[PDB]
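The following structure holds 4-hydroxytamoxifen.
Below, read A as the first sequence line, B as the second, and so on, with proteins coming before strands; counting in each chain starts at 1. Atoms within a ligand are numbered from 1 in the order they appear, just like the ligands themselves.
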4 protein chains.
Amino acid sequence: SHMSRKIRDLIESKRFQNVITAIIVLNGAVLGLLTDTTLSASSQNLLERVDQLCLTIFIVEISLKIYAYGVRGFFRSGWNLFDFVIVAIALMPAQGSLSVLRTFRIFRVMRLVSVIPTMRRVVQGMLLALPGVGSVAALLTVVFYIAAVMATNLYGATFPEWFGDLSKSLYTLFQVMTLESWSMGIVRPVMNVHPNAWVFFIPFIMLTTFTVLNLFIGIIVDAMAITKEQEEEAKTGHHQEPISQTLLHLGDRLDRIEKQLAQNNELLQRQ
Amino acid sequence: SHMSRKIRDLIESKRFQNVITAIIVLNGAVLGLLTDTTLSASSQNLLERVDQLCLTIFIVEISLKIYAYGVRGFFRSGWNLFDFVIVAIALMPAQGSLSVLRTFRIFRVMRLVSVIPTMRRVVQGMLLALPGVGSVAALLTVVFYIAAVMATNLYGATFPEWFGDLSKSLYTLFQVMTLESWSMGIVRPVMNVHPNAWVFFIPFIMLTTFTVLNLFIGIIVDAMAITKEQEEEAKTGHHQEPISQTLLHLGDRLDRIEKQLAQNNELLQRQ
Amino acid sequence: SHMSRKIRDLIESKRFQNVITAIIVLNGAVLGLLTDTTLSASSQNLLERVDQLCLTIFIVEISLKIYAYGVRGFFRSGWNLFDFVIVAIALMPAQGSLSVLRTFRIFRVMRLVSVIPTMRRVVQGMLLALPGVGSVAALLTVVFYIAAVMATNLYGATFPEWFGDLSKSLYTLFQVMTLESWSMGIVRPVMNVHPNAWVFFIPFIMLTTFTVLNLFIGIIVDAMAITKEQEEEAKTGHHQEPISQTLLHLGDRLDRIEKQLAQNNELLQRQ
Amino acid sequence: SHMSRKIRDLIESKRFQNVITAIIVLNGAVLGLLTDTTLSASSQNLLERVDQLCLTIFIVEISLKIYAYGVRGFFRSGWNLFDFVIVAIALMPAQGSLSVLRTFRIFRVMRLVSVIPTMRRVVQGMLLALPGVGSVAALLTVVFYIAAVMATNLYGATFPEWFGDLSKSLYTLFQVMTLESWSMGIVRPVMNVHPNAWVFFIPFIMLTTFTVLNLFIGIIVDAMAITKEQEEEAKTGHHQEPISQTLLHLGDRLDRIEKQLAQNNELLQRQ
Ligand SMILES: CC/C(=C(\c1ccc(O)cc1)c1ccc(OCCN(C)C)cc1)c1ccccc1
Ligand SMILES: CC/C(=C(\c1ccc(O)cc1)c1ccc(OCCN(C)C)cc1)c1ccccc1
Ligand SMILES: CC/C(=C(\c1ccc(O)cc1)c1ccc(OCCN(C)C)cc1)c1ccccc1
Ligand SMILES: CC/C(=C(\c1ccc(O)cc1)c1ccc(OCCN(C)C)cc1)c1ccccc1
Ligand SMILES: CC/C(=C(\c1ccc(O)cc1)c1ccc(OCCN(C)C)cc1)c1ccccc1
Ligand SMILES: CC/C(=C(\c1ccc(O)cc1)c1ccc(OCCN(C)C)cc1)c1ccccc1
Ligand SMILES: CC/C(=C(\c1ccc(O)cc1)c1ccc(OCCN(C)C)cc1)c1ccccc1
Ligand SMILES: CC/C(=C(\c1ccc(O)cc1)c1ccc(OCCN(C)C)cc1)c1ccccc1
Ligand SMILES: CCCCCCCCCC(=O)N(CCO)C[C@@H](O)[C@@H](O)[C@@H](O)[C@@H](O)CO
Ligand SMILES: CCCCCCCCCC(=O)N(CCO)C[C@@H](O)[C@@H](O)[C@@H](O)[C@@H](O)CO
Ligand SMILES: CCCCCCCCCC(=O)N(CCO)C[C@@H](O)[C@@H](O)[C@@H](O)[C@@H](O)CO
Ligand SMILES: CCCCCCCCCC(=O)N(CCO)C[C@@H](O)[C@@H](O)[C@@H](O)[C@@H](O)CO
Ligand code: NA
Ligand code: NA
Ligand code: NA
């Protein structure tokens, strides 16, 4: 239709992208000003109305996108669904979830990631890298669970604040893995009651700092490669062979050309 | 035999793998519930029986594997031997080892690594990467030993809690390497008695944080390459030339093709 | 002109570079001696005159460069503009800027980077790598802003020293990201009032340490590649195809040569 | 000569290498036992004689090497000179150096690095990687010097324990860079007197943690490549083109073969 065509042209324009970006920045700025308790009643009401105006602009934005692209076409993108969920949750009356309150309107600033394409590409690369590290993340989970059960049984009765139950142990083991007061704060006091506690905590530190770094490097390397390959696919329109596949078959390809070259030499020498 | 053939088909099936996985998860869950001291006598007896049921299911599992594959064939795999050692140690009466107690039944959760193939491949890659870093791990050991002897002689008499003997010094040097209260907790108090102690501790920190990162990066890079190469070997059935070998001979291979190409050009120009 | 030609030859000489380097080192040494409060009035006046002599040598240096290369030619280089700004700011009477004082004459030691070419190349590579990580740096900024607004609203009234306003929260969140007393100093005291505060702080730590490492690795890898490629461009005089571009088209290039090779074989077999 | 030939064969043998290794291990073990103050007078005299026996075995070892290889040939290797310096310093009466005492006989354990070839190769790779990072190490030195001068002038009078002079400031800035109590221990107390001190310390942390990681990654990547290339050179006897040189010319080489291939196709189509 003619109506949907001119709306899509407006939506896809750089100025529309800039308008939405400016309103996200403004909404973030007013929410940051609203953290200040010393403000007057009128100053607070003024910022609250600017928050309402920002929200209504986003409702118009999303509605234009659903009309212009269609319900199936809009919800086809995970980025648009994210944008829809962020805006539509603000107008949701009494939600049945295990949450304290929906006071976190500042999560609307996270739309800068979805609206700005350079930021969208960076986050996309990271998200695409996550399934590939699932096994490493599960190994860390297994180590934490085993260690938390052991720490609860070994030290729960003598150090109940740090290890009195499974929740307490998982928390202090996270603290131990981050190396935060692990010795002066946790393990030297524990060793005053349990002298060989270093046998538990030093291998736990060695294994978890290793695994976390492995997980992080795994995500970083993959995200960087995925992003680089997606940019090339976007530039040329052709499918990009992943680098690992190029490196794995590099030897196979070179020797095959060496063979085809030597047989062409064989056909050449005798003519 | 017909009996061993249908048992191997059952063992190798995805449902059998899922049954074993569910029982490991269940056993881990009941052991985690057993860390809670507030439970009733009957609640504890109930979970203890679920632990017994889980163990008996693993005894059947392993026995089916020894019968179906043979004693030589089963113990041919390091993964099956690990599975055997984890389950068989629970039925071992009075073991002669330098251990406090075999209360750590939670180590059974480590079977999730051996049973889940994606997790098995990740750990396998890491294990295969370890011999290759042996020299770096030995260099760190040498630095720790030298430093612990020096720290004991220099500071043992004035700081006996931290350096009074070799064990105490190795422990606080591990703490110093992890950067945990190294200055406010250890070196500023030491410098009040020994003003030039920074000459010992700052180079020790520089060398050990460097070496640890070197060891960790070495393992991560190798494990990632080993895993990638093993997957390709499993997919195609052909031996995968290691990437380092492809990169080392890349120059040699390209110039050899350049030479074979130029001589084919030489045979072509004059005919 | 003959005057500008002999001045440029003098400027470009290794001895002129060594003279300037020696004066920067000397100026840095006298400023370091001037930090000592126990010095006599005459000792202080003596060093202050050596600081004046060093500054006057730099005024001559820069003036020779503007005359020899021309106003347009000198200010064409970002390195020369930096050198000009560092020296010319010392002779600036009453500047209108949001600064306490221009006592930081020690920033003149930063000229060692611009004057020594090996150091200039290293910093240049790093600077050229910065625009490419802009999106990651902006993602970290967004996470810090969102988290600081949340932390101010959640914990400002009960923990005003750490979260009483946006500035206070950004500061303690930076401290939390660096893992400095995050648990014993900040989150365990906060959890005594807000028991589920770990839900906020543990994901904040996981996301920001990850993003910072991503930003740092991104800069390091790019700077290393940019430097390596610029050296090759300087050595040969030919434009260096970036490594990513060589790796992305490696597969495309190899199969194209395989195809050209097979058709040459096809023309050869039938003659 | 016949005497030097049979001595070199003995020196180069695996058993001779194993004898020397065993004596280094033994010497290290006795020095570690000598750190214990509770030992008897006779127990101490016994270990001291085993230290003397170990030293005399090393004097024989080195003397056999100088005779068998020649003064010029032995001192041609940096590894042999290191071995000579470590052993010969023990027999040096009254040395004129800025040292407290030559009690550090435990540095003899560092010979495990020189005697064991796998360990020698690892350290060699690291040492060869150091000149290449000289510029990054100098940039960190410049940042530390500038920051130490600034910190001394800004905070020396109000925080003299941490910044009272240049030495004190360099020490606490090293502590700040390692993130050790940087905020709770140093910067929050400083900000109580100087509210904008975060403007100095947060950029200092960002720049130095970045530079240190850059220096460390630079050494790790280079050492790994140098080692891999030296092994290949040792295996084949042929000079190994560095990987960076192979990667820089990969594009140049591939297009040159594409060109030589297309002209061979041109000579083929028309015959
Ligand atoms: C092609 C990108 C890619 C991987 C990749 C990216 C960059 C790179 O340098 C190398 C590979 C990839 C492939 C396999 C992989 O395996 C890890 C094990 N998983 C299955 C638990 C991880 C990433 C991938 C990611 C998710 C699903 C499928 C493929
Ligand atoms: C040696 C090149 C390499 C990989 C590689 C090895 C052989 C091969 O034929 C192709 C590539 C590499 C790159 C990515 C990779 O991703 C898997 C990530 N996991 C942790 C999810 C694995 C190996 C690599 C490893 C670690 C960091 C950076 C690069
Ligand atoms: C082929 C895999 C491999 C190595 C490798 C893997 C990935 C990669 O990118 C490069 C190499 C390997 C080879 C040599 C090596 O030497 C270190 C020194 N050791 C002997 C102390 C380490 C790993 C290896 C591992 C153990 C034994 C033999 C070979
Ligand atoms: C530059 C590519 C490279 C290596 C390489 C260099 C030259 C060559 O011809 C082939 C590969 C590299 C990769 C692995 C490696 O493993 C040894 C691990 N040690 C620490 C056990 C060494 C170099 C590399 C080095 C560090 C991290 C990631 C990659
Ligand atoms: C050619 C160097 C380069 C990049 C590069 C360097 C080394 C390397 O191994 C790979 C690439 C480069 C290219 C793209 C890039 O994208 C990140 C996203 N930005 C746009 C936010 C970053 C660096 C680059 C840097 C700035 C502008 C343009 C190009
Ligand atoms: C796997 C090789 C690789 C990159 C690569 C992947 C595919 C390809 O065709 C070419 C190169 C790589 C290198 C640099 C890079 O820079 C982007 C930096 N961002 C974070 C600004 C991206 C990928 C890489 C990734 C992480 C660390 C080191 C190397
Ligand atoms: C060939 C090894 C090498 C370098 C290298 C090693 C591995 C790798 O992946 C890439 C290069 C090398 C080359 C240049 C370099 O420049 C840094 C700047 N210096 C001059 C301050 C560093 C290392 C080198 C080291 C010292 C002197 C000369 C060359
Ligand atoms: C992208 C491949 C690469 C380098 C590279 C880029 C282009 C090229 O043609 C060849 C190689 C790389 C490798 C080593 C290197 O060493 C310099 C070390 N400095 C810090 C002393 C520089 C770039 C690299 C960069 C960082 C980590 C691992 C690998
Ligand atoms: C991948 C690792 C993931 C670690 C996840 C940790 C979650 C456990 C934290 C939690 O749910 N708590 C109950 C919340 O009610 C525990 C904390 O409250 C407790 O540990 C202490 O902070 C003190 O309150 C008691 O000393
Ligand atoms: C690669 C690095 C590996 C470091 C290994 C450290 C092991 C040494 C620990 C040990 O065996 N102890 C004896 C156990 O009885 C020492 C601890 O007990 C002691 O250091 C303190 O914690 C206090 O108890 C005394 O102040
Ligand atoms: C990318 C992350 C960037 C973080 C940037 C932090 C800047 C905020 C610091 C600031 O401007 N302050 C006001 C300066 O007047 C705050 C500090 O003063 C305050 O947080 C405390 O240090 C105490 O003074 C109060 O308890
Ligand atoms: C690349 C970074 C290199 C940092 C190098 C630091 C060397 C400076 C240490 C030094 O020489 N001191 C004098 C030694 O006499 C200083 C210490 O003594 C002093 O800072 C404190 O520890 C206290 O003694 C006073 O509060
Ligand atoms: Na740390
Ligand atoms: Na810390
Ligand atoms: Na820390």
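- The ligands or chains that make up 4-hydroxytamoxifen in this structure: ligands 1, 2, 3, 4, 5, 6, 7 and 8.
- In this structure the chain with most contacts to 4-hydroxytamoxifen (ligand 3) is the one the PDB entry names Ion transport protein.
- With heavy atoms closer than 4.0 Å, the chains neighbouring 4-hydroxytamoxifen (ligand 3) read B, D.
- In this structure, atom 29 (C) of 4-hydroxytamoxifen (ligand 3) has its sub-4.0 angstrom surroundings free of protein heavy atoms.
- If you look at D:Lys228 next to 4-hydroxytamoxifen (ligand 3), the close heavy atoms, those under 4.0 Å, all belong to the side chain.
- For atom 22 (C) of 4-hydroxytamoxifen (ligand 3), the nearest non-hydrogen atom from the set B:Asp222, B:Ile226, B:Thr246, B:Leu247 comes from B:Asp222.
- For atom 20 (C) of 4-hydroxytamoxifen (ligand 3), no protein heavy-atom neighbour is found at a distance under 4.0 Å.
- Closer than 4.0 Å to 4-hydroxytamoxifen (ligand 3) lie these other ligands and ions: ligand 4 (4-hydroxytamoxifen).
- Close approach of 4-hydroxytamoxifen (ligand 3) to B:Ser244 (heavy-atom distance below 4.0 Å) involves ligand atoms 8 (C), 10 (C), 11 (C).
- Taking every heavy atom under 4.0 Å from 4-hydroxytamoxifen (ligand 3), one finds B:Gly132, B:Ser135, B:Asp222, B:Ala225, B:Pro242, B:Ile243, B:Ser244, D:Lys228.
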